[PDB]
Amino acid sequence: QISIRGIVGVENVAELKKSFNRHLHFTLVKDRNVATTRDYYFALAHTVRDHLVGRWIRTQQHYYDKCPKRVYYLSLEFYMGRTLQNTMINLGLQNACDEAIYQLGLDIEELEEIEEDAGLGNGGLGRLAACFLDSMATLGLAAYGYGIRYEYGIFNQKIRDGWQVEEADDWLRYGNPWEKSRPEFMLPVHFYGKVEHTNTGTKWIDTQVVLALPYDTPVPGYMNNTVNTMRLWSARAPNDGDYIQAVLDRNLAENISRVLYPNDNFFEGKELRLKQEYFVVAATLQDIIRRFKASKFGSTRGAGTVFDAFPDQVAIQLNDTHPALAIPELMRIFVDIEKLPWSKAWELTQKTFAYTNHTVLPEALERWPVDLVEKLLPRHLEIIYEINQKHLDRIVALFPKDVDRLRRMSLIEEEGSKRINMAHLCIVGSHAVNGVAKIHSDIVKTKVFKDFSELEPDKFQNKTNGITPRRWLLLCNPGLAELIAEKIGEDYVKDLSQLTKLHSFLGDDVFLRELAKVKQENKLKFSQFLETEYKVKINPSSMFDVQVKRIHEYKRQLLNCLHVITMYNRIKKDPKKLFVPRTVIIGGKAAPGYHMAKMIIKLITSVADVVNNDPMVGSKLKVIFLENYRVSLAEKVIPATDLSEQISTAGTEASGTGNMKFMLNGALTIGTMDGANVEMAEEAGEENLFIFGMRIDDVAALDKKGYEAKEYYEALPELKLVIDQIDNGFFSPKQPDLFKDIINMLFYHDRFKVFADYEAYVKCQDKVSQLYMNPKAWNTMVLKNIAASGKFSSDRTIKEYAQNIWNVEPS
Amino acid sequence: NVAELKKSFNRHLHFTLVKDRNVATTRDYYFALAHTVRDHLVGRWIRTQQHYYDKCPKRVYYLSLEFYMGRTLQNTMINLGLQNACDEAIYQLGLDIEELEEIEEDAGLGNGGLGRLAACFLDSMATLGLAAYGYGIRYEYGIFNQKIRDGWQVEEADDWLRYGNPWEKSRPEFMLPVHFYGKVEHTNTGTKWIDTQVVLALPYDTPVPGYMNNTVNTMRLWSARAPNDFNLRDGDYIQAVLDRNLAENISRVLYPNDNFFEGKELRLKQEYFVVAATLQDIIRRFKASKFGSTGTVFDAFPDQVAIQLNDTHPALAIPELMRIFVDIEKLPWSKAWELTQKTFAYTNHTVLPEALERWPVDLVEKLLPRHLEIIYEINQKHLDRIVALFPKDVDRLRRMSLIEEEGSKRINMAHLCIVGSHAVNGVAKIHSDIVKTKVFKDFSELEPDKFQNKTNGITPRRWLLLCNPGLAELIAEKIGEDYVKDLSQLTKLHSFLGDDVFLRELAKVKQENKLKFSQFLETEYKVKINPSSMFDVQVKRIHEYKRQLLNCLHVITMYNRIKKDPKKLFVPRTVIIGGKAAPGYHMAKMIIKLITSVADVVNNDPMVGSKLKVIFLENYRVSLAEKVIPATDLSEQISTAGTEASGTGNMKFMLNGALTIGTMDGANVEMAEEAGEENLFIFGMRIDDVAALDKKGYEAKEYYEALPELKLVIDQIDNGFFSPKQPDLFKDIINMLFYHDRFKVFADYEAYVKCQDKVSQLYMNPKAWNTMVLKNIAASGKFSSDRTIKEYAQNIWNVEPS
Ligand SMILES: Cc1cc(C)c(NC(=O)Nc2cc3ccccc3cc2C(=O)N[C@H](C(=O)O)[C@@H](C)OC(C)(C)C)c(C)c1
Ligand SMILES: Cc1cc(C)c(NC(=O)Nc2cc3ccccc3cc2C(=O)N[C@H](C(=O)O)[C@@H](C)OC(C)(C)C)c(C)c1
Ligand SMILES: Cc1cc(C)c(NC(=O)Nc2cc3ccccc3cc2C(=O)N[C@H](C(=O)O)[C@@H](C)OC(C)(C)C)c(C)c1
Ligand SMILES: *Cc1c(COP(=O)(O)O)cnc(C)c1O
Ligand SMILES: *Cc1c(COP(=O)(O)O)cnc(C)c1O
Ligand SMILES: CC(=O)N[C@@H]1O[C@H](CO)[C@@H](O)[C@H](O)[C@H]1O
Ligand SMILES: CC(=O)N[C@@H]1O[C@H](CO)[C@@H](O)[C@H](O)[C@H]1O
Ligand SMILES: Cn1c(=O)c2c(ncn2C)n(C)c1=O
Ligand SMILES: Cn1c(=O)c2c(ncn2C)n(C)c1=O
């Protein structure tokens, strides 16, 4: 990275200070005598952005000059977090900027903390897109992310009287120094209208128009010359009763990009959401085609622009089914506008698109009513019906007698209200389909889409998820990054598999102590934060037991809560008995319409109030509901964690990525054999994780036999006490019936079988406590996790997409 | 200097626009230049703020719902002395600065004269070194863009901020809360206005450079935003977020009415919004000042603050200041009221009844319950004094009340402004006299010294140096450039009377302007323009009182004369009429359609040819005014006597070498006083003649029957000559002219046409024409807004130019 001492190094810092002062003066228009911390943040942000402009421009020129095949990552979500520190690190500028800011008499941490998260995602899906952008830039791929510039991202969460409340995430209030508005590149998007079938062919007419205006954010590679782009579209009314009302009604078009739908793993079939999906797809495809036509591969024949080489120059990855409309939109452009024959257009379409499936939970599946699609996108409905007809004609030819197979494989679900199965659309319109962990990809291929995989074996793949070690180690845990570098060099950042070199320090007491010291420093720093936000006295010798992720029945924060109450009851039963102290932290947002998740939050805060204030418990056990969990807060809590809770019901968590973050940062994992937890066990050795509970076949057996929650309740005395306390008002004395809905769910409607894993979970937790009392054995197991975490770099993931799906090479 | 401007341009294109030159747009170049120029005033902007903090001059706050600012690039270059160096830098970069200048959107945050006065005043106050800020609303959409479709006005949203605004700086850190609705409790710790809805006011600051000095003042415009904090009093999450639009709608769009009151609740919200944010900001600045430390600190407030109310639109400033002083700062009513009167002054801009702001009490009670209480108390103490002085005069109470009781009760906002201000002024001598001695006679009798005149003015930066550099240069070469800061120096040009070499130079400047504008006209309208024709121009908002219709009758009169005798001598004219109609103003829209209909016939009649062409000049606005005004030979200023409070277009034309045809109305009267009445083409009824015809009764039919030329014109309009596919299209106009014409179009037709004949005669004698032009230009000095501001400063604000 850029030097700070010596002749040149002194000048580097000098220039940065000069640029900072120039921005404060000319850009912010403030004298130092009236400037605030926020002004200083913005002055530094502009200074840092200026430092990547040369590479950003040169990267665009390079892609134009050499025509590498381009990768377009199309997603409704990019969960980017804060940009300042990540950019400084990737540009090799952090040391120099740190020094400049220090010499100016300012506190760099304070400036960095001013920045709002770009919270343009819900959880793992959106964050995967963000990690992927970093990795694709670091590997030199010609890759752009395309999404929506929501005016409001994921809501800011507060807790009031123990319940979640939502506030608007007004992240653009003070502006965004990391985007460049580019209205000259605006493109039209059409809605409603009708289809006309005339002598000149099929026309989509009488439509309403909304403009898509792009905003570009730079995506710097780690220590290279690549600066890629994230292009996010914002909706505007076209410029073309009551004049005043007509002007105000421009708000209706602009509402398309107003707010991120705050649902994680849950389908809500709202018209505004469908508009968002078509909006991002239509603007993105027009932009991609425009760039292709301007490129050196752009050429024209009698029949118009030649698209033969389009899939040799363009790969589009569909992040879940949310941008599934890209398939019929590309066909619409090829057939209605460019006049290609259907067969040729369909062939080009399949070669262009690949689809990533991110969940098998039924409630998450996009099934759009046909009548809604007919109203909003009539031509796309026609095109989808035609795709389905030609799809089913092939199936009839292959399997003349199998009538049910046609029903199973149709893109249309015909019962009651007819709906479009967007996953089926994505499968037939793409050349590759992948899941996000071995266990999940297998379920996708061999169970959920069995009929499709049988006819096209080689279509279905696995690409196990990953995380970027820039944000999720170098940035969030500089202490650990430094320790690792001291022992094995700094080449691990670009090749994370080099972490296996840490195995040379097995049995090295000095290293095991240094590792523990890093964790302790992180815990002390985070404990400062906790004690300023919450009325709690944190026991500094306690095990930090952490479950942070979106609040879900399938992720089973509720199971964790049952264990918290169990520990509480053991303490009250035997005050003098040995207890390994814990700070139990549970955090995450509930989708605002998700009743059971909101009840689970209230249960946790209610339990916390009892546990934290019981003088017989004291420093043995404290419980924190960590508010407003999001990317920047994840960067704080993850490095401070000793035990990572990854306890989804086997078969429900497609991959997980929080699990990987915790593993890389020195926490041990308690979890089920679900998602990538299975592969973490493969890499580190199963005995080096705290694995428990039903596996996917055990869940299947219990489903076959039939799940009777009451049997576990009657059989397990400790469970009985916990449940009776919750049901009878022990945790809600002013409102004894408060948790009725949770009890009813647990006993009669628990699709995720909390009680069935309780016994194994509590036994497993007891083993965790035992190991924690032996620091040498604890930290030895930690070392074995960190040293085996290399597979989970998103650089590895991206190389696999590049080689086996996109057909592009790292550069 | 040139070398560094080029370097700065390139740095902004690279780092600010993030563009390689190989993919740059013309707009990119405009923005790179705009940032380069803005950078040159930042030092003085910051140091001006420091200076006002350090030395504590009394501050002037110009509070207006409108700032009709036009474009900023050229104006800034001129005031900083950078225009010539920028032109050369841009030329060396292979570009044309005039092309870049055309990229900029107008800041069209006004309707017409009232908003443009505020803009001229900001330039003048900065040039004179006054510690002055303009306070208004940052409308997301300004005055609509006007298109003409099938001869009719159509409106398009003025999306002026689409590509950003390089001449503002957002300052969300200085946001302030504004309250609406709610209810009042009169508690033992004071009156509390509670359970209100809150809207945040986010300020955006635009620099206001003085001409060639060290002053850069500020225009601070507020933008509405929804609050974020959760309230325990707090449905669908998505809908709740979308509904933030409702609060943000307050600053969405300028109400596009000129001289017309529309009592919409959203407009009332706009008025309170600008007032509450502005007063809060002024008090914050006051408390932080050296005078903020001190029996109350506010004793010095009116020695440190003047607030000027631009018309009654920010009238709520009076009860708002009382609310803050009494409810928040805990001052006794008597002290608060004393301080309030000494702080505020009010400018009245019209006596037309349809323009008068009268808010229904029930609307104010709902939206601003505490302000209604305060207005009632102001009124009670007001009427108590009147009863004490005139115990037997019951009707005088009715006349002077702030409340009109007749059925639907309403608040007379002008009355509120009068009682709560120490000074009230009209905007030209004729108008200020009517305001004092007729409209508000009851008030002036009790407080004679309260009522003043301040005749309007225009800035000679935008309206001479910028719009007409040839004329500015020519004047400067003869008498130096002291006239820019003291326009009365133009009287020195009188000495060049009889200098035929100079008169030819003057004529050549006009001719160059005409050729350039002819190119614009041929580009935009594809009509062939006769270079030797008199450019006869009426540009201003479309109004019955401004009488574009009367002009149209003269146009048709000329057409008919040509068709009746094609061999006869005819002095050729290009007749240009332009202006926007308020969208709800039916008659204005009919008048536009009549003009475009007449134009279509006149322009395409082969018997007429190059003798006469007619243009409806589309999308009239500040930047287009700068193009047409310098190209004008004859300026039309033909409002009915007593209806135009002042006018300012009239002054612009006079400064730029046009002769004026007009009535003795508004400032036209003072233009005649300065230049000599014989050097204007004055015609028609005077204010006393209009009163006499009102007394007698106006019967339009009598003029129609007595004047053969009028009859022909009217019958043609009436019977479909100008609308053959829609013979009765103009029925509404005809009905109005005969039975409901409050502005007496026919009554001035004869004098108007006879006057127009004299203009044509003079235009055939270039020496005599240009002699009269010189006498107009040389007598235009009074109409500098620098003169106007000096008088406000001395006689109203009590501040000294610096
Ligand atoms: C309208 C405006 C214009 C400019 C150029 C600035 N930037 C700026 O540096 N202004 C100031 C510089 C100062 C330097 C030395 C001493 C005092 C200075 C004051 C300002 C300045 O504009 N003061 C501000 C003002 O007068 O509105 C704010 C910060 O002060 C209050 C909160 C009390 C109202 C600011 C902050 C506002
Ligand atoms: C996303 C983005 C990023 C950057 C850094 C820029 N700015 C910029 O200068 N870009 C380019 C520079 C080039 C220099 C030499 C040769 C080619 C260059 C191309 C670009 C560039 O980004 N080209 C743009 C693009 O690829 O989207 C536009 C202008 O081209 C199309 C309209 C055809 C799509 C632009 C304009 C867009
Ligand atoms: C034959 C002829 C030639 C030309 C060039 C013109 N154009 C024109 O406007 N010419 C003049 C411009 C002047 C400008 C300022 C001062 C004096 C000017 C004089 C003329 C000019 O040519 N004057 C002529 C002359 O002196 O004979 C005629 C037009 O003037 C009278 C009608 C009074 C006889 C005209 C109008 C006629
Ligand atoms: C990584 C991350 C997630 C994904 O976590 P899982 O435990 O895999 O569900 C969700 N939210 C945030 C803020 C994250 O950083
Ligand atoms: C100066 C001006 C006005 C005022 O013109 P009047 O003829 O005095 O009514 C109105 N609109 C614009 C754009 C102006 O420049
Ligand atoms: C639909 C959706 O958000 N799915 C989520 O996707 C992420 C990223 O692949 C997975 O890690 C996670 O297990 C899964 O729940
Ligand atoms: C209410 C309103 O806009 N009034 C206008 O104000 C301007 C500026 O004072 C005058 O010149 C003009 O005659 C008058 O019509
Ligand atoms: C029942 N339900 C919801 O209602 C819901 C949800 N996520 C958001 N919402 C509204 N999930 C995951 C869910 O299971
Ligand atoms: C009747 N009327 C209007 O209706 C109107 C207007 N200005 C705007 N509107 C709507 N004027 C001046 C007017 O006289």
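The first sequence line is chain A, the next is chain B, and the lettering continues from there. The numbering of chain A matches the PDB entry: 12-251, 260-830, in order. The residue numbers of chain B are those assigned by the PDB entry, with the residues present covering 23-256, 260-319, 323-830 sequentially. What's counted below: heavy atoms across the whole structure, side chains too, no hydrogens, waters or symmetry copies. Remember, it's 1-based here, ligands and their atoms both numbered in the order they're listed. This entry, so its header tells us, was determined using X-ray crystallography, 1.8 Å.
The name given to the drug at ligand 8 is caffeine.
Going by UniProt, the chain with the most contacts to caffeine (ligand 8) here is Glycogen phosphorylase, liver form.
Every other chain with a heavy atom under 4.0 Å from caffeine (ligand 8) is listed here: A. Of all the heavy atoms of A:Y613, the ones lying under 4.0 Å from any atom of caffeine (ligand 8) are found in both the backbone and the side chain. By number and name, no other ligands or ions lie nearer than 4.0 Å to caffeine (ligand 8). Those atoms of caffeine (ligand 8) with a heavy atom of A:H571 less than 4.0 angstrom away are 12 (C). Proximity by heavy atom, under 4.0 Å to caffeine (ligand 8), holds for none of the UniProt AMP-binding residues in chain A. The residue from A:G612, A:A609, A:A616, A:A610 that puts a heavy atom closest to atom 10 (C) of caffeine (ligand 8) is A:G612.
Taking atom 2 (N) of caffeine (ligand 8) as the reference point, the nearest protein heavy-atom neighbour is A:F285 CE1, 3.4 Å. In this structure, residues within 4.0 Å of caffeine (ligand 8) (heavy atoms) are A:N282, A:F285, A:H571, A:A610, A:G612, A:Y613.
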